Asker: 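Today's structure: one with tigecycline.
Letters A, B, ... mirror the listed sequences (proteins, then strands); counts begin at 1. Technique stated in the header: electron microscopy, 3.2 Å. A restricted portion of the entry is shown here, and the contact count covers that portion and nothing more. As the structure lists them, so they are numbered: ligands from 1, and atoms in each ligand from 1.
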Amino acid sequence: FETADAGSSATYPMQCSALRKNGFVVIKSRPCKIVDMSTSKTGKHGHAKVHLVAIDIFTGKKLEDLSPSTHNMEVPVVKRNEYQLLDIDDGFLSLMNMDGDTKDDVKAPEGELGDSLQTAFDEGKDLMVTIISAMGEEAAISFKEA
Amino acid sequence: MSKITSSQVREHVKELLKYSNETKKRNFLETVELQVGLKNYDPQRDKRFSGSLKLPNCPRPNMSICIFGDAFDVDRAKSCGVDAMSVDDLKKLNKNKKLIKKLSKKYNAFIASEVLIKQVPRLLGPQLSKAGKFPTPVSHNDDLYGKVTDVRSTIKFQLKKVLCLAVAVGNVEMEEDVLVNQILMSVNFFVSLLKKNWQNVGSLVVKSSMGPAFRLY
Amino acid sequence: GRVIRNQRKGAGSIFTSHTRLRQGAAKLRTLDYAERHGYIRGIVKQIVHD
Amino acid sequence: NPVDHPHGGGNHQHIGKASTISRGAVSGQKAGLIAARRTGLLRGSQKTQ
Amino acid sequence: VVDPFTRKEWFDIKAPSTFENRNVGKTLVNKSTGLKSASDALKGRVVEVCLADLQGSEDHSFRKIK
Amino acid sequence: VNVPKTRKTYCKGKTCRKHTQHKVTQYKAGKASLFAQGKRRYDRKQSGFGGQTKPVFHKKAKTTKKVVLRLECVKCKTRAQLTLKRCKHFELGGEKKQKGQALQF
RNA sequence: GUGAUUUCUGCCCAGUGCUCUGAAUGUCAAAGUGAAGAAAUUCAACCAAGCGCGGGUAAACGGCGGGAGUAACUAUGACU
RNA sequence: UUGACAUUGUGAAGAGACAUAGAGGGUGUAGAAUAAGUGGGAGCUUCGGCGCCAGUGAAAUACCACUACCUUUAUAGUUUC
RNA sequence: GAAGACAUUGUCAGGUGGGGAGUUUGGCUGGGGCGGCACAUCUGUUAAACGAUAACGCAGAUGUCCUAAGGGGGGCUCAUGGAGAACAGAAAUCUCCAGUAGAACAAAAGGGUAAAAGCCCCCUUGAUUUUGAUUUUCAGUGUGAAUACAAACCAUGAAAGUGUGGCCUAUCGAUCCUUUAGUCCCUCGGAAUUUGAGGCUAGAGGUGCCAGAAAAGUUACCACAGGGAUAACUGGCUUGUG
Ligand SMILES: C[NH+](C)c1cc(NC(=O)CNC(C)(C)C)c(O)c2c1C[C@H]1C[C@H]3[C@H]([NH+](C)C)C(O)=C(C(N)=O)C(=O)[C@@]3(O)C(O)=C1C2=O
Ligand SMILES: C[NH+](C)c1cc(NC(=O)CNC(C)(C)C)c(O)c2c1C[C@H]1C[C@H]3[C@H]([NH+](C)C)C(O)=C(C(N)=O)C(=O)[C@@]3(O)C(O)=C1C2=O
Ligand SMILES: C[NH+](C)c1cc(NC(=O)CNC(C)(C)C)c(O)c2c1C[C@H]1C[C@H]3[C@H]([NH+](C)C)C(O)=C(C(N)=O)C(=O)[C@@]3(O)C(O)=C1C2=O
Ligand SMILES: [Zn+2]
């Protein structure tokens, strides 16, 4: 008895210039969403370097980065999945696939979005929620009425 | 290294079938229970372990299963013989709470249909999943009798809030070697689902229905 | 870089104190029997500028 | 000039980095505010009162 | 469990001989253990009482003695 | 990719030189023990003054790893390794696909 | 650091620094402790500062955007 | 800067942790119910009855173990502040 | 007089540490820089009817996907159009006729394929073992890909046969280090036994700058060796633009 997993790092290395706005980037072993970018020439026969400002989505924390524009950067392979909420249990929301129903591990989102989700489920009005999965961590990001 | 091997389990399962098969022969079919317990797993912090394993034989052979099916699933249930629970009495049942409580508490395993599985939350309520019983999907191609045996065999190790878990392995009159193989397979499945494996298993009890709780580890 | 001004300041030479016009060190009378048990009388005779 | 001080270099006269040096810094780095628990104009005014 | 009311013990406060009631009253202090003298905890004390209670009569009801 | 848990393939054992049944697992790498000669050489070379002495790899370009299956024969308990190509996703014994089943979005 | 006198020094503590009698070990070396072994050894807990989590500080480094609708000429928009 | 060992001897007092076996416990509704939880369980036994079914409730009562948590008892001692 | 087995000091271990020390800061390129990858590959054309053939020529594509979309066997014919049949219409399903492929064959383009290489069904694991030979790039080296056999053991089919992955052309990686599999194999060199370690045979962990360094800037304060192989004047050829 084992668990099969092909070796797949959740980062494709791409490029400092190929990272764009609303992006996904790995700054110091955390997923983050590129919210600001700027190219900047350094010298007089110099090259351009990229300054990146991004927000870590699982904590919502601002992380910055500086690199020469010709260097490679890790890009997380995020997967957004659209699931169905059965019931909000003791902080750990119960979730449903297209047919399967495992997904019982996602912490109910602690923000005001999750509080309004709790109010919705409490007066019923059943929803489908959107969950992001990236580099080992998963989080509910956005509720949506079916 | 597998901390639990066959030999000690051979001896403990000899003494288990000893106490069941002559000492207190009862008036109903008892079931072997593996009760496991964790040490370092904090339920609020770690990733929840969840997993089902199809057994090579049968546990409790008289579980009470209910079929949420439409036409083909319902007709197959009428052919085999399992209580089929169609959308008819489901929408005739919607306007209550006590009756859904009665249904969920009365039949223990629920089996569903692919085209019913999405509005089971709607038509029913959260009570089934809250109890720990969500209807398992069954396709039209899938033979209903075979999948009924599947669901009467599947063992589920899944953390909910606590650190003691308990799973029925099998009956008490089936043969010694398959009981040994099953209990070893279930232990190994638990250890495989864990993070630190044998380091974080701490409690390993086998029982049937009564006082004697025959420890393995 | 270069050794900066405060490091040079601690390394002595130019950054010492100018003690040419200074009087003696301004210290109290040392402890003895007269001050420890009774009292001793001195006379302040010249107040000057350090 | 940048050789003579941490603050140093130019094209514009500015500190460049934060002027609050650590307490645990080394010689040649302690050019600024040495272990500043607070900065800016103070009001006010108690330390131990 | 700390059970301080059995950890402690009672003591009897008495008055100077100018008054007539010899018994003033009772107090309570922790047991005299090591490194902490309950007796010093007793000397650190000032107590308030009524002169009507000290002199018996009601003519001295307003007056209070520390 | 999906590969079954069982496979009838050639066995190299001297008691069974024919096609026999094999269970299919995945090769997970070993513990990288501390007393290997290269590790002892690395410890002695890194000890002292001088800093890092051998190169450390930085410019990763490939995301995938070739999967290699460990086959254990069910009779002679002999093992073999079979290499399968670069696949991002891998499931040992997943559900078989259905030819013409009703799509479910 | 700014650069006489007069007048004033607005907002932002997210980032980067700096700081703390904030909180629990989440991670955490050597030495020490326990289990297995014939030992070399392996695996555990316990684990200092630090890092991380929290608070403060801008006469610390610094920063200080947009887009719509809206008033009897029209136009702008006090306002939303 | 922090920790260990050495220099480094001689003593107390109070706490905390570990160390193995027991014992006992866990009362907002509603339910007649003193519902810590999970799991099997339609039988159970002491031969009285209990339990299921009924009702009730967020979850059920017999037979049962297990899990942590709390309290002490036995508690050689080790170890830290 | 004060402190007191604390602190200092000695040795290890962790943190911090541009204060300081070394070192680095790819290539191609109608100058260099920014851009791009023409740096490892694949299709059509340029390419001048064997082969070879350039440009930062043109139009595009690759770093995947599949236990079936691999292998064998069998039944059927595919786009499209016409005529019809309740709801039903332009188009839902069913027939009939015509239908050389105008469809499909995972993906870019080209080629190939009709009682199939397409679409459904049945069985399977030739996507296996042992090494050799050959073709392509080529130095006739390596890597990758592929071809035909041999000795086995299999799958399929009634059988002939076919099958050593994808109908063909692309889909990928040396030394050193680590790890796994094989026989029951060799060595630990005074002689033995066990763990341990080192070997032999085959794989994987990866070098995309893809025959494979471990690597950020600035310099108008600059320095050196050079270069008209190379830019900023003039001259020259050309005249789009004026
Ligand atoms: C850094 N240390 C020396 C320290 C110092 C002080 N106070 C001072 O500044 C000292 N000044 C004095 C000596 C009082 C004059 C301190 O006040 C503290 C601490 C330690 C922290 C440690 C905390 C810790 N976790 C949360 C990081 C922890 O695990 C515990 C614990 N449960 O054992 C703590 O005690 C801790 O939470 C804590 O409270 C600390 C202090 O209070
Ligand atoms: C504020 N003081 C009272 C304090 C309290 C606690 N304890 C707590 O905070 C416990 N409270 C909780 C519940 C954990 C939040 C503390 O835990 C601490 C400290 C301060 C320092 C004391 C330090 C001291 N040093 C500076 C000479 C010392 O005696 C030692 C030592 N030789 O053991 C220290 O290591 C000390 O740095 C230290 O650890 C402290 C604390 O952590
Ligand atoms: C009684 N507590 C408040 C205390 C006081 C002092 N110092 C004093 O008495 C003087 N400080 C005052 C005057 C009260 C401000 C203390 O000096 C200390 C301590 C506590 C201990 C705590 C120790 C503990 N260890 C054993 C795990 C702990 O929790 C920590 C920690 N990681 O925070 C310690 O560091 C601890 O070892 C420690 O250092 C303490 C003290 O030194
Ligand atoms: Zn075999």
Asker: Which ligands, or which chains, stand for tigecycline?
Answerer: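 Look at ligands 1, 2 and 3.
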Asker: Could you tell me which macromolecule makes the most contacts with tigecycline (ligand 1) here? Its name in the PDB entry would be great.
Answerer: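 Largest number of contacts: 23S rRNA.
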Asker: Find all other chains that place a heavy atom under 4.0 Å from tigecycline (ligand 1).
Answerer: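 Counting heavy atoms only, the chains are G.
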Asker: Give the source organism of RNA chain G as stated in the entry.
Answerer: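 Per the PDB entry, it is Saccharomyces cerevisiae.
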Asker: By chain and residue number, what forms the binding site of tigecycline (ligand 1) with heavy atoms closer than 4.0 Å?
Answerer: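 Using heavy atoms under 4.0 Å, it comprises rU21(G), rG22(G), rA23(G), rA24(G), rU25(G).
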